[PDB]
There are 2 protein chains.
Amino acid sequence: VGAXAXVXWXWXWXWX
Amino acid sequence: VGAXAXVXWXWXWXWX
Ligand code: NA
């Protein structure tokens with residue numbers, strides 16, 4: 001269903 | 001900034 005695996009791109013919110 | 005790397009968890013939207 002949909003496209004890819006999961007929601008969004010990466011892990012969490014931001015960088016660090 | 002924030003926590004982690006990127007936005008969300010995974011790659012795209014769904015599974016497949
Ligand atoms: Na395909």
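Convention: sequence-line order gives letters A, B, ...; per-chain numbering from 1. Non-standard residues are represented by the parent amino acid or X, and atoms in excess of the parent are not counted as contacts. Looks like X-ray crystallography, 1.7 Å, at least that's what the header says.
- Located at chain B, the drug is listed as gramicidin.
- In the PDB entry, the name given to chain B is gramicidin A.
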